Student: 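Quick one: structure with acarbose.
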Amino acid sequence: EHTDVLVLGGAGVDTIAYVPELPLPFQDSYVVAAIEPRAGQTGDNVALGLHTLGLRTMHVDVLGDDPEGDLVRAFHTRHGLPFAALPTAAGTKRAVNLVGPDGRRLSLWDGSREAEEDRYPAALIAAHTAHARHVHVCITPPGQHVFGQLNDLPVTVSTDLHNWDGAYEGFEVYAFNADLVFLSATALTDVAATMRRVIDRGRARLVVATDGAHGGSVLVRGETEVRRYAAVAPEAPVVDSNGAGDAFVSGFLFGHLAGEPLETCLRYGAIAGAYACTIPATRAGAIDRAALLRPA
Amino acid sequence: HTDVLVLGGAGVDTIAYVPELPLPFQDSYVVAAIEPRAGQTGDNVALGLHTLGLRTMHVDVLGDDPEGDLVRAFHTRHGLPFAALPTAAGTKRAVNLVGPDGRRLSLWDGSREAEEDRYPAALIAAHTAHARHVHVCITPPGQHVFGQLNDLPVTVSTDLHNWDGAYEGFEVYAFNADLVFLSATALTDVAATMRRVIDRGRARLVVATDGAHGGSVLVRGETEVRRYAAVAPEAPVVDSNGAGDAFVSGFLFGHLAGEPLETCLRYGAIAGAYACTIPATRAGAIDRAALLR
Ligand SMILES: C[C@H]1O[C@H](O[C@H]2[C@H](O)[C@@H](O)[C@@H](O[C@H]3[C@H](O)[C@@H](O)[C@@H](O)O[C@@H]3CO)O[C@@H]2CO)[C@H](O)[C@@H](O)[C@@H]1N[C@H]1C=C(CO)[C@@H](O)[C@H](O)[C@H]1O
Ligand SMILES: C[C@H]1O[C@H](O[C@H]2[C@H](O)[C@@H](O)[C@@H](O[C@H]3[C@H](O)[C@@H](O)[C@@H](O)O[C@@H]3CO)O[C@@H]2CO)[C@H](O)[C@@H](O)[C@@H]1N[C@H]1C=C(CO)[C@@H](O)[C@H](O)[C@H]1O
Ligand SMILES: Nc1ncnc2c1ncn2[C@@H]1O[C@H](COP(=O)(O)OP(=O)(O)NP(=O)(O)O)[C@@H](O)[C@H]1O
Ligand SMILES: Nc1ncnc2c1ncn2[C@@H]1O[C@H](COP(=O)(O)OP(=O)(O)NP(=O)(O)O)[C@@H](O)[C@H]1O
Ligand SMILES: [Mn+2]
Ligand SMILES: [Mn+2]
Ligand code: NA
Ligand code: NA
């Protein structure tokens, strides 16, 4: 009856423009397809994905009194996602993304959408974790202040560092206080080294470094060699690779909370990620339980 | 009341400031504030003419959009008389990448058109009764309005923007306007395109802007194209979006005031230079005082 998985942060709005190619050669203007601001940033996708897979999720994030804020509220209402909007003077998180015909995405992340005085109230975290098994913390503020509290709780914690430097100190509090750490490998100087470093802090059981259509790589606590997983071919054209890594997290966690072995969890993630690559910005979509369990 | 009737061009730009154009491929950049704003070609011309002290009226189709909200708020805030016609296609919109030098890569939404849309003749006739001039933006249903305008006692201007000089859809605008403005960025043969507007159309003069290099003008009855020089902005160049529209505003302010061609060209250059100094975080147009000295 209560929250099974608490999702912290990551609520926002992407404005997608489909472009002929990336990098886009300079002109005064291109005529593009329909431009339509939608909710569905990393916190929105992890929530939707987990909920579509049948888990009782709660989603909490700071939210502006914005037209962007309206979109996020409507997103959760539309997909039946339990949601708590916290006030903030900074405004709702935004990005402008350029999507190529191959599904590749160039995100322009608004970095002004932070108020240092924002906090996820301790009582709210406590209320939604009273019977919960897992908390996913998005790397958006004020997520950096929540791990003193979560570390004392009988729940597992996961995070997604996305295109982490491997060096940028800001993501460390996330990377070093999470049992399951996810991240992309596109901005890593040394993938293997970053993965080993996250493990050498003595908290994470595994690290996953995703590599798009190549699948990705994983490192398990106490193991020396990194493992790979294969990407799954989508049953539809790759249109928009936005939310794939979030879909991967959702799929993986579904298997994690169901006691599945690592390889199955990785399989779930890959299938969910491939599905997400086939969804336009014109609709919101997350893979369903039945389809996730369909391949062998 | 009204001096100038502005038709079309009501829309919303979403600006993202980027380190360089063209933008090399990365998964993500961290950029400054992204804040959708009203102020496409029609909104800017209206505000420019209004700021300079002319009596304006702006008419365009508008969607029951969040974008529509921004547009309506814009006209109210700046006190621009405005009449929104309903449309099912939605409010026009673009995503613009703006570099540190003010250069802009616009991403125009070409889906915001409904073929059944029309400017109602009775609304057109009503606002052309006392108007001396009508400016028609090249957005639909603009292409259906020149039959009525042709029989009215008003001068007509238009702005063709980054026209091919070949795309047939703009020809109805280019060939039925007293004053034809356009950008020269996409022109293979600037001079030929200008003369073609003179010969096939009824333009009394044609202006092909060229950004910081000024632009080109061709006058009916003359053989050679003239040049005008750009004026340096008096504040840092931030966002060149709206420069061309400001040029039209400054030019018309003098044109409707019977000022010589050289004076009108100069006003536009100043107005356009000023336009490049306004952020996407503010709406701004040059006033009478700053323009006249
Ligand atoms: C979710 C988001 O995470 C990442 O964004 C982080 C930045 O990369 C960090 O640099 C940091 O931003 C700070 C600035 O660096 C700093 O100058 C200051 O302005 O404060 C900023 C915020 O504290 O932290 C950011 C997160 O808070 C990543 O780069 C970004 O791409 C990620 N968003 C993507 C996710 C999805 C779907 O998964 C899309 O909806 C978005 O469009 C993507 O941009
Ligand atoms: C005002 C706008 O004019 C120009 O846009 C025109 C396109 O260039 C044409 O191709 C045509 O678009 C049609 C498509 O070609 C067609 O495939 C179909 O999708 O229908 C479309 C609409 O009929 O007509 C367009 C005008 O509606 C120009 O390219 C564009 O850049 C101009 N907009 C700029 C104006 C300003 C200055 O303030 C900025 O606000 C905008 O961001 C600029 O993009
Ligand atoms: N083009 C593709 N074809 C097939 N599978 C894909 C493709 N792109 C991604 N995937 C799968 O989805 C996973 C996530 O992709 P990836 O691009 O690495 O995530 P991401 O960049 O973090 N997406 P996001 O949630 O928007 O930050 C990969 O590990 C693959 O399993
Ligand atoms: N950087 C600049 N410095 C000085 N004057 C400028 C600058 N950029 C533009 N101008 C002036 O503004 C005029 C119009 O600029 P231009 O870029 O040609 O119009 P535009 O691109 O169509 N703007 P827009 O309304 O967004 O379509 C030029 O002829 C100059 O007089
Ligand atoms: Mn990611
Ligand atoms: Mn223009
Ligand atoms: Na997608
Ligand atoms: Na500007």
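So that the names make sense, note that chain A is the first sequence line, chain B the second, and so on, each numbered from 1. Both ligands and their constituent atoms are indexed starting at 1 by order of listing. All heavy atoms count here, side chains included; hydrogens, waters and symmetry mates do not.
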Student: Could you point out every ligand or chain corresponding to acarbose?
Tutor: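 That would be ligands 1 and 2.
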Student: What's the chief chain around acarbose (ligand 1) in this model, going by UniProt?
Tutor: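 It sits in most contact with Acarbose 7(IV)-phosphotransferase.
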Student: Find the other chains whose heavy atoms come closer than 4.0 Å to acarbose (ligand 1).
Tutor: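 Heavy atoms that close belong to A, B.
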Student: Give the residue, atom name and distance (to 0.1 Å) of the protein heavy atom nearest atom 13 (C) of acarbose (ligand 1).
Tutor: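 Going by distance alone, atom 13 (C) of acarbose (ligand 1) is nearest to A/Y168 OH, 4.5 Å.
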Student: Return the closest protein heavy atom for atom 17 (O) of acarbose (ligand 1) as residue, atom name and distance.
Tutor: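 The closest heavy atom on the protein side is B/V30 CG1, 4.4 Å.
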Student: So what's the source organism for chain A in this PDB entry?
Tutor: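 The organism in the entry is Actinoplanes sp. (strain ATCC 31044 / CBS 674.73 / SE50/110).
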Student: By number and element, which atoms of acarbose (ligand 1) are closer than 4.0 Å to a non-hydrogen atom of A/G40?
Tutor: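 Answer for acarbose (ligand 1): 40 (O).
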Student: Using heavy atoms and a threshold below 4.0 Å, how should the contact between A/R105 and acarbose (ligand 1) be classified: side chain, backbone, both, or neither?
Tutor: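 The answer is the side chain of A/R105.
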Student: Within the structure shown, which other ligands or ions come closer than 4.0 Å to acarbose (ligand 1)?
Tutor: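 The other ligands and ions are ligand 3 (phosphoaminophosphonic acid-adenylate ester).
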Student: Taking N or O atoms only and a 3.5 Å limit, does A/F171 qualify as a polar contact for acarbose (ligand 1)?
Tutor: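 So acarbose (ligand 1) has no N or O lying under 3.5 Å from an N or O of A/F171.
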Student: Please compare A/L106, A/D160, A/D14, A/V13 and report which has the shortest non-hydrogen distance to atom 40 (O) of acarbose (ligand 1).
Tutor: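 Going through A/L106, A/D160, A/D14, A/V13 one by one, A/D14 has the nearest heavy atom to atom 40 (O) of acarbose (ligand 1).
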Student: Of all the atoms in acarbose (ligand 1), which lie at a distance below 4.0 Å from a heavy atom belonging to A/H162?
Tutor: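 Per the distance check, 1 (C), 2 (C), 3 (O), 38 (O).
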Student: Does the protein put any heavy atom within less than 4.0 Å of atom 22 (C) of acarbose (ligand 1)?
Tutor: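 There is a protein heavy atom less than 4.0 Å from atom 22 (C) of acarbose (ligand 1).
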Student: Suppose we measure from atom 20 (O) of acarbose (ligand 1) to each protein heavy atom; which comes out shortest, and what is that distance?
Tutor: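 For atom 20 (O) of acarbose (ligand 1), the nearest protein heavy atom comes out as A/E114 OE1, 3.3 Å.
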Student: Considering the heavy atoms of A/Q41, write down every atom of acarbose (ligand 1) situated less than 4.0 Å from one of them.
Tutor: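 Counting atoms of acarbose (ligand 1) from 1, those under 4.0 Å from A/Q41 are 40 (O).
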Student: Just need the protein heavy atom nearest to atom 4 (C) of acarbose (ligand 1), so name the residue and atom and give the distance.
Tutor: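 Going atom by atom, the protein heavy atom closest to atom 4 (C) of acarbose (ligand 1) ends up being A/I139 CD1, 3.9 Å.
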Student: By chain and residue number, what forms the binding site of acarbose (ligand 1) with heavy atoms closer than 4.0 Å?
Tutor: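 The heavy-atom binding site is A/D14, A/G40, A/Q41, A/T42, A/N45, A/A95, A/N97, A/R105, A/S107, A/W109, A/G111, A/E114, A/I139, A/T140, A/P141, A/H162, A/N163, A/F171, A/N242, A/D246, B/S28, B/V30.
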Student: One line per pair, note the atom names and distance for all nitrogen or oxygen contacts under 3.5 Å between acarbose (ligand 1) and the protein.
Tutor:
residue             : atom   : partner : partner atom : Å
acarbose (ligand 1) : 19 (O) : A/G111  : O            : 2.6
acarbose (ligand 1) : 20 (O) : A/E114  : OE1          : 3.3
acarbose (ligand 1) : 23 (O) : A/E114  : OE1          : 2.7
acarbose (ligand 1) : 27 (O) : A/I139  : O            : 3.2
acarbose (ligand 1) : 29 (O) : A/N163  : OD1          : 2.9
acarbose (ligand 1) : 31 (O) : B/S28   : OG           : 3.2
acarbose (ligand 1) : 38 (O) : A/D246  : OD1          : 3.4
acarbose (ligand 1) : 38 (O) : A/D246  : OD2          : 2.5
acarbose (ligand 1) : 40 (O) : A/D14   : OD1          : 3.2
acarbose (ligand 1) : 40 (O) : A/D14   : OD2          : 2.3
acarbose (ligand 1) : 42 (O) : A/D14   : OD1          : 2.9
acarbose (ligand 1) : 42 (O) : A/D14   : OD2          : 3.4
acarbose (ligand 1) : 42 (O) : A/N97   : OD1          : 3.4
acarbose (ligand 1) : 42 (O) : A/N97   : ND2          : 3.0
acarbose (ligand 1) : 42 (O) : A/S107  : OG           : 3.1
acarbose (ligand 1) : 44 (O) : A/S107  : OG           : 2.7

